[PDB]
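Written out below as structure tokens is the structure these notes cover.
Chain naming here is simple, since letters A, B, ... match the order of the sequence lines and numbering starts at 1 in each. Both ligands and their constituent atoms are indexed starting at 1 by order of listing.
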Amino acid sequence: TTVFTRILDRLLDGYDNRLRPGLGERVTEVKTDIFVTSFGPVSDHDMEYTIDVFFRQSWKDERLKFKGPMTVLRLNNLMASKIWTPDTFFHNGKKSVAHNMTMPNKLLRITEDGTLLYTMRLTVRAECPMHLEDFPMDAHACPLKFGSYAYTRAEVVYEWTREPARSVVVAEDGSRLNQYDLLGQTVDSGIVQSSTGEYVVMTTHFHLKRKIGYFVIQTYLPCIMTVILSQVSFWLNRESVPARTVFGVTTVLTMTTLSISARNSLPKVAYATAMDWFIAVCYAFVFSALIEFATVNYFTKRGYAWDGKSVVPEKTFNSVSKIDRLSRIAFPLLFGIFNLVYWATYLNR
Amino acid sequence: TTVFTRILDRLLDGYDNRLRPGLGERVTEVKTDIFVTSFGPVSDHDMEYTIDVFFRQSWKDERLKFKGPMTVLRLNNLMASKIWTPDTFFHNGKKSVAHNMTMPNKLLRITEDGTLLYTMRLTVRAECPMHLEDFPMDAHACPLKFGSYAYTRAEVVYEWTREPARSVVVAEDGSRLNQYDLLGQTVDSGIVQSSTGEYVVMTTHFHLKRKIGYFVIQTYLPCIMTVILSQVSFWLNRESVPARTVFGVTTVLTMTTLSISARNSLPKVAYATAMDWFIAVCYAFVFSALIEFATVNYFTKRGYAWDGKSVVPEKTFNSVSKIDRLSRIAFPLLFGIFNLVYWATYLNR
Amino acid sequence: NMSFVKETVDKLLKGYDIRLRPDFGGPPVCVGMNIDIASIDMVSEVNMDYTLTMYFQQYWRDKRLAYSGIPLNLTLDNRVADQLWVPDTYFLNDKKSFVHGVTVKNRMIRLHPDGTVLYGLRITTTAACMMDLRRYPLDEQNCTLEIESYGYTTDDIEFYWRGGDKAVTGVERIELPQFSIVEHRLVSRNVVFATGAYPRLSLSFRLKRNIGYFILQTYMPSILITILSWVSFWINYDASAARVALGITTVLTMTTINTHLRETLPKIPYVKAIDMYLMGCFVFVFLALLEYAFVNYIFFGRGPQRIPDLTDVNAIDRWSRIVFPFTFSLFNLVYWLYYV
Amino acid sequence: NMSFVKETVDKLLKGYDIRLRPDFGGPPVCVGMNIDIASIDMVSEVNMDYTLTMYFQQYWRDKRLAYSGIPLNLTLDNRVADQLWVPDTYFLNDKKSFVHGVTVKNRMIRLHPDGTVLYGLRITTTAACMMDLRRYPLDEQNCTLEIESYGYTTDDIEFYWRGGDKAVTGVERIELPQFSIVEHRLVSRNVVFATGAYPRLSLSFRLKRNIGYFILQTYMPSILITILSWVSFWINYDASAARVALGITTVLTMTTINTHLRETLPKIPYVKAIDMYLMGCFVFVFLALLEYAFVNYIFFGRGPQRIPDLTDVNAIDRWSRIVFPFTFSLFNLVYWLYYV
Amino acid sequence: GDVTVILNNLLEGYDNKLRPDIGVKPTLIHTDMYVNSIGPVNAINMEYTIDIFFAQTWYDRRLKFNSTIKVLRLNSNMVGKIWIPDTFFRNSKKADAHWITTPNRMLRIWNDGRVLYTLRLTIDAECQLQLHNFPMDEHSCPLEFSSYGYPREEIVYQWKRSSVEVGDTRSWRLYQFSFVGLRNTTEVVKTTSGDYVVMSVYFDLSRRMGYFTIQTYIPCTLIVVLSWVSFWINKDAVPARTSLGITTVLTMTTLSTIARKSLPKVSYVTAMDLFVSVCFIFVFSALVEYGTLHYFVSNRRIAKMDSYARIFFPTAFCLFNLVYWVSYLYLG
Ligand SMILES: *[C@@H]1O[C@H](CO)[C@@H](O[C@@H]2O[C@H](CO)[C@@H](O[C@@H]3O[C@H](CO[C@H]4O[C@H](CO[C@H]5O[C@H](CO)[C@@H](O)[C@H](O)[C@@H]5O[C@H]5O[C@H](CO)[C@@H](O)[C@H](O)[C@@H]5O)[C@@H](O)[C@H](O[C@H]5O[C@H](CO)[C@@H](O)[C@H](O)[C@@H]5O)[C@@H]4O)[C@@H](O)[C@H](O[C@H]4O[C@H](CO)[C@@H](O)[C@H](O)[C@@H]4O[C@@H]4O[C@H](CO)[C@@H](O)[C@H](O)[C@@H]4O[C@@H]4O[C@H](CO)[C@@H](O)[C@H](O)[C@@H]4O)[C@@H]3O)[C@H](O)[C@H]2NC(C)=O)[C@H](O)[C@H]1NC(C)=O
Ligand SMILES: CCCCCCCC/C=C/CCCCCCCC(=O)O[C@H](COC(=O)CCCCCCCCCCCCCCC)COP(=O)([O-])OCC[N+](C)(C)C
Ligand SMILES: CCCCCCCC(=O)OC[C@H](COP(=O)(O)O[C@@H]1[C@H](O)[C@H](O)[C@@H](OP(=O)(O)O)[C@H](OP(=O)(O)O)[C@H]1O)OC(=O)CCCCCCC
Ligand SMILES: CCCCCCCC(=O)OC[C@H](COP(=O)(O)O[C@@H]1[C@H](O)[C@H](O)[C@@H](OP(=O)(O)O)[C@H](OP(=O)(O)O)[C@H]1O)OC(=O)CCCCCCC
Ligand SMILES: *[C@@H]1O[C@H](CO)[C@@H](O[C@@H]2O[C@H](CO)[C@@H](O)[C@H](O)[C@H]2NC(C)=O)[C@H](O)[C@H]1NC(C)=O
Ligand SMILES: CCOC(=O)c1cncn1[C@H](C)c1ccccc1
Ligand SMILES: CCOC(=O)c1cncn1[C@H](C)c1ccccc1
Ligand SMILES: [Cl-]
Ligand SMILES: [Cl-]
Ligand SMILES: [Cl-]
């Protein structure tokens, strides 16, 4: 065991981990790839998302060349704190965890030529700005940017280990999304400018499309059924004033409750989503049914309905309202047409 | 530059921070004052309050006398960990925070005679037992007690830096209270006895009076309007049975929602508050107005109302109920009297 | 060459006393501050705070760190920050803050040949700002970050914004769903406590609340319910069940609008601008219901015994059909002109 | 006694290299594992995880730690674990976890004369399991705990369950208020990544959700409301206000039942088993309300013009008195046989 | 300083990795506990918070010293320099020592080697609650502690004379419970790493009834009484009695969900569930009573069903209350 102890002691003898490899000679080049063990839940309200990654970095350090019985030294993570490692950080990250249960989830491997492999298990919570105009039929490209914190591009550059598309790999079973589909990821590289210099940024965009199923069940279907319910009153006799008024008022109250409760999980944006438009038109149809009956009630001459016995020639009885007869067709027809237009508009975006 | 390094090196050379100053020779005397930079929110649910302070402590340590080109060494808070400091803890303290951004929010100052000034910035969460029988018109004296954890009163005694009243100072713009007023503070000191000895405890009581405005808007007014709404049905004709039934049922159900929604702010205490008694009496008035109509309906003979043309000979028509006529006066008067007695009972006290 | 850098850095930290500020016992050390604001979010009226993420840079000269022979600016591993003196900068209104720590502590040290230190930290801080909600949701809030030295007075340290008004960048790119940053202001002053006068830098943002959300959530439902309550005026006086049910529900529907709004706000002891509207709209639906009870009482109470006439219920109903819409628009006219 | 023990223990750590695993550069070190489960709590469908407290014991041999002359298993103060090599075990699906630290770090190191190390930790871990809720609340979940070596491949380390099927205890003493642990099982396998092949131990439980809570809170309230919507079938067809008020209220009540259930679950896009029932009960109370509208339209809409008769109003009511209770029983018969 | 010399002599050659009497006898540790407050009982999580001053006393012969000084009164600085037992709380969900303004720990060493170690703790302790009798339920919430690594042949704990002390219980944060009494026990628990001496404190707690009477029992009772108003309303008022009957059922549904909102989603029937469900039966039957009366008189002794319901319904609810309250307040 002294053979490998003497190698490690020799490597760290006179080693200054405050200095990056090649400091004053060349640019340190860090090869990076990401293995996504789980693409975590997306939070609309916080405009963020969670991602669990094996974050891998590889760079060359000529101070760590060795010759021995082995060609790769697989060491525990406490050796990583003894040498220089890149100061990578996530530009859009919010509160990230480098897991250390039961030990720091890091691996350090040194090959005989000085190449280092340094991976760590991370849980990154990153910002994903969202445009919710098309909500709940919206799609987002959630970014994951990272780079060196202190070293400018004249000192440290990052490159993808393989073809850039193949350097971010998502696990087959690793999906913690509940209402989104991960459609893929685009991987790019760039340069950012700060008050302290120019920095290399490695970018990944995760393309997520929202799954509309929840909002159909909880918002769209209750709205459609309330609108259908409000039009049931067109088939009641015009003398059922307390009955048809309860139809109109209750459906408006239900639409108010649906409208208010439908933005609970969203950020309080100043624009109208696609769902706000749907609830508005559903509100308008429901509101207009009560206005329709009030018009019908305004031309009800008699307070008593047909008794079921007397012939009605053409005592006297009210006739079936012409406004009702037209409403029994126009209201169901205009709502069916609106749904055809509404769903063709957003399901095609 | 090295002149001051040699002073600091000499001070700590042979210094034992395991031993209090004057051990075996005298009682260590710690002067204390608190600057409250903000008086944070009071949590009724947790029966606790937050307070952000500059906790200043001062004591003499002859081991730290020095002679140099300065009379006061204004040192990094790293130095405080090398010397003995009081082990002050808050007796009623819950999870408190020592601020560490961007560096430990502590200052240490050594004068040439050995006197030390040691202040720190703390977010203190302290227990405040509350007697909520008068809620929402309650007042509280939230205590803040502190002293040495390990040193009995024969070893460490605390005193206020100035006159006790002037030793706890609240910043003018620091009020973070939303539903309370900081009337003032009472500052005292005493002895607490444990199984391990007698300890000096320093006490400050902050006097808080709840502001009733939120509960007037959200609880009292909806209750009063509900009671007023239920007495409106006394003015409808006795033959509007569905209309006057909706009046009674709706207001009774509304008071049920008000009662349940009223305690959401409070901890689930097992006694009745002043708000509970108001809601209970409002419930009785609303319930009685429905019971009044049932008695009116029990004496209503004819199912049809006055036709608007026939003269009532004082077919036949029901008369206006004497119960309805009496209730038009009695119910507003008794409820007006109850409000006078209720508010004078609690606002005056 | 790399051995020369290692030797040079070792020489700087040999005999370096981290307990002493630069120019200890002499003139105050001047510290320049830049902030690149990464994001502002979680502006909470419930908690009376906002969360701010920023790149926080401090600039000072420590002559003990001057090095020669290396025509380079030494960027060192951030763990070297624990071997150097750094200002004891703190935020007074800071409630909860942290320096980000993935993959390493988001901290920068960059030495310069003349001894200048650039010390950068990526910080997320939850600072407190008490909000005057009297005009909520048509309100402007002013939320600040108070930067101060804890242990060093103005005899030991001086703060200044490095770059003047260009010290803080990234404010114009901040996008909040509910707010628009009207302006930001940089202040440098001194604050006196019992322990001495301390330098303070204040960064303040003026936040204007977007009202588009509250039109959809609170105002429009309240307006529509109030309009709905006027339908009663077109129903005959004898249809008590219809008009009472219409009147009662609109009064209740106003409560449903208010309770949902109440649940998402702190216990505020005063009347907000949104409360004035809801209580204004509650009066209109309540009076519309009281209008029928008055109409019912005139016909059935005062009928048998024998501004509108106040004896013909049809006149009162037709008077209501004009006055109630007209007064409500007058109420909307006064409300929206006063709060805009 | 204690002089010899202190001399022996000091001898073990002199020259010990914590950077090298046992048998470094040689055969893999075999690590056996026992888990004693203290509790399971906070099985959250909202957060898709469960919280687990356990005593996580690891067993391996380190011949550098063999000692002789002391017929004792040396239980050392747990801080010695910072001086010894220990396996870099981690939980792949672990969202958040900690080792308990009161009154000291809840950790145990026990040496044995031959060099065997017993290393126990008390860990509370919030491990993620994604739950398939298509049969909720009659669902049966399967939540696991992946145990892996991070940096050591199968060439360096081997995992096994110590005691085989008896490696995990305390499962039969767990009380979950909403679930019953039907079964637990232990799996040993290797997992291949881009950096190597790593040993994995997998512990999984099968949680069968209890149904009694949902009978009282969701199923019985829905059945009673559905039954009370049939009362309108016995009400006179003339009483339009009564039957519309009964019809509207039950439809409103079903929504209120659904909203209470809706608010305590994640936003999954599919239909759950509870949604199928509530939708089914909604159809029944909606059709009952549509049944009166049909009765009303037949009598008044088509009456003047002049399997149920479809022209006799009372025939439709008589038909509905039989079909609705029969069909709802048929609906409950099908629904419960499919899900129980 | 003489205390400095004594402290340095004690720690010279001291190995705090080794328990005292490591190969001779078990270490006997005497434990005391002062309860500052038993915090809230969290029924949903089945846990309670307790703030204690936890005191431990043992003997370490390596800490003997001879001098005129009879005891060394020390702060937390030396706590990590000597051996300390690895006491932990076995049912602790989450525990935390206190660190403001310094580690709230006390160390006192006597010349005969006796060590007194005290620290302040806040513990979220697991307490499995059987809520069948809720809200008239009683619990005995445990607090178990033992050694994490040292078995019964190495560490033995022992309650002192004043084992557990409680202060002013009126200041405790027990909103819904009243503290009744405590017991302290000792037992040996066999684990896979050996036999361990486990010390337990049981805190008996009785739930205070007042909140749920205000929150649930009174509202549910009033809605039941509300449904009886229908019996005095004229049977010809079909919309009045149908709306009255059906809105009480809707309200009783809303009250049912509120009552269980503070409980874990246990799948058995508590006393609260029984009361709410029976109140549901009463409001349900009142609507069915009028539907039966309406059908047999209009949509056509049964005709006198209102007179019977005016007595039978108030009497059956009084009778149910008499059985319900007697069984849950004096019976099992
Ligand atoms: C995964 O990674 C995470 C990190 O990402 C890791 O968490 C870390 O875990 C380690 C332990 O493994 C922690 O380190 C120890 O913490 C001990 C106390 O922990 C409590 O307090 C924490 C904050 O402590 C501050 O305040 C106390 C006093 O109040 C002070 O002693 C500390 O130094 C520290 O002070 C700094 O910060 C404050 C502001 O906060 C400043 O004001 C101050 O100026 C200074 O800068 C707190 O964070 C902890 O909460 C965490 O942990 C608990 C569980 O314990 C958990 O419930 C929480 O949720 C949370 O996670 C906790 O409340 C501390 O005592 C230890 O320090 C010892 O030992 C070190 C050894 O190197 C030594 O350097 C210290 O000086 C000190 O020596 C002791 O001190 C004893 C007490 O005084 C004394 O009895 C001893 O005798 C000895 O005394 C001195 O000894 C020296 C020689 O050594 C001598 O010269 C002196 O004269 C004297 O005799 C140690 O720091 C670390 O805090 C955790 N970090 C975080 C962020 O949580 C996690 O464990 C990892 N998991 C796994 C599985 O690997
Ligand atoms: C059938 C008949 C029945 C009859 C029954 C009769 C029963 C009657 C029963 C009456 C009971 C009345 C009880 C009132 C108790 C108030 C206690 C108190 O001090 O409150 C205060 C108000 O607190 C607030 O928040 C103010 C609330 C404002 C409400 C505006 C309503 C607008 C209505 C418009 C209607 C328009 C109508 C138009 C019509 C055309 C509390 O605050 P403060 O302590 O003072 O403040 C201290 C701090 N500062 C601010 C001073 C620094
Ligand atoms: C806010 C908007 C206000 C708009 C107000 C618009 C109001 C408006 O125009 O009312 C007129 C009429 C009323 O219709 P409705 O059939 O309900 O009323 C009949 C109508 O008044 C006849 O004239 C009466 O016969 P008569 O000669 O008196 O013997 C008949 O008396 P009786 O048989 O009961 O004895 C009444 O019942 O409606 C239309 O013509 C429908 C137009 C298309 C409507 C399209 C709607 C989508
Ligand atoms: C909780 C239980 C409470 C039970 C309360 C029981 C209260 C009780 O017993 O009231 C009876 C009486 C009813 O009076 P009310 O005016 O409502 O009823 C009239 C009364 O019955 C006349 O006698 C009838 O005339 P007649 O002679 O038949 O020609 C008249 O019929 P019609 O002329 O319209 O055709 C009825 O309308 O009330 C009072 O006198 C008010 C005193 C204050 C009562 C205050 C009660 C709160
Ligand atoms: C806690 O345990 C102690 C023993 O460790 C109990 O004290 C004993 O009480 C009995 C009462 O009959 C005496 O006979 C013993 O002499 C006591 N033992 C002592 C003082 O060491 C104490 O009662 C227990 N507390 C409880 C059960 O609440
Ligand atoms: C006449 C004043 O009463 C009311 O406004 C009133 C009474 N019950 C309900 N409300 C309204 C809905 C309200 C209450 C509180 C805040 C905002 C709006
Ligand atoms: C045609 C089926 O529609 C419905 O069941 C329906 C429409 N509006 C409301 N509901 C019910 C209450 C529901 C909504 C969402 C989930 C479960 C049950
Ligand atoms: Cl998701
Ligand atoms: Cl407050
Ligand atoms: Cl409690």
inquiry  = I'd love to know the name of the drug at ligand 6.
reply    = etomidate
query = Going by UniProt, what is the chain that binds etomidate (ligand 6) with the most atom pairs under 4.5 Å called?
reply = Gamma-aminobutyric acid receptor subunit beta-3
Other chains, non-hydrogen atoms under 4.0 Å from etomidate (ligand 6) = B, C
message = Does only the side chain of C/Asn258 get under 4.0 Å from etomidate (ligand 6), or the backbone, or both, or neither? Count heavy atoms.
response = side chain
inquiry  = Show the atoms of etomidate (ligand 6) that are less than 4.0 angstrom away from any heavy atom in B/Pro222.
reply    = 7 (C), 8 (N)
key: benzamidine binders in chain C (UniProt) with heavy atoms under 4.0 Å from etomidate (ligand 6)   = none
query = Under 4.0 Å from any heavy atom of C/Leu278, which atoms of etomidate (ligand 6) are there?
reply = 17 (C), 18 (C)
Chain B - name per PDB = Gamma-aminobutyric acid receptor subunit alpha-1
query = Is any transmembrane segment of chain C, as UniProt numbers them from the N terminus, within less than 4.0 Å of etomidate (ligand 6) by heavy atom, and which?
reply = 2, 3
request  = Number the atoms of etomidate (ligand 6) from 1 as they appear, then name those within less than 4.0 Å of a heavy atom of B/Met225, with their elements.
outcome  = 3 (O), 7 (C)
request  = Write out the residue and atom name of the closest protein heavy atom to atom 15 (C) of etomidate (ligand 6), then the distance separating them to 0.1 Å.
outcome  = B/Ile217 O, 3.2 Å
query = Any idea which protein heavy atom is nearest atom 3 (O) of etomidate (ligand 6), and the distance to it?
reply = C/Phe282 CD2, 3.7 Å
task = Pick one of side chain, backbone, both or neither for how C/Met279 approaches etomidate (ligand 6), counting any non-hydrogen atom pair under 4.0 Å.
result = both
message = Mind telling me which species the deposit lists for chain C?
response = Homo sapiens
Non-hydrogen contacts within 4.0 Å of etomidate (ligand 6) = B/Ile217, B/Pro222, B/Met225, C/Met254, C/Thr255, C/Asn258, C/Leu278, C/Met279, C/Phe282
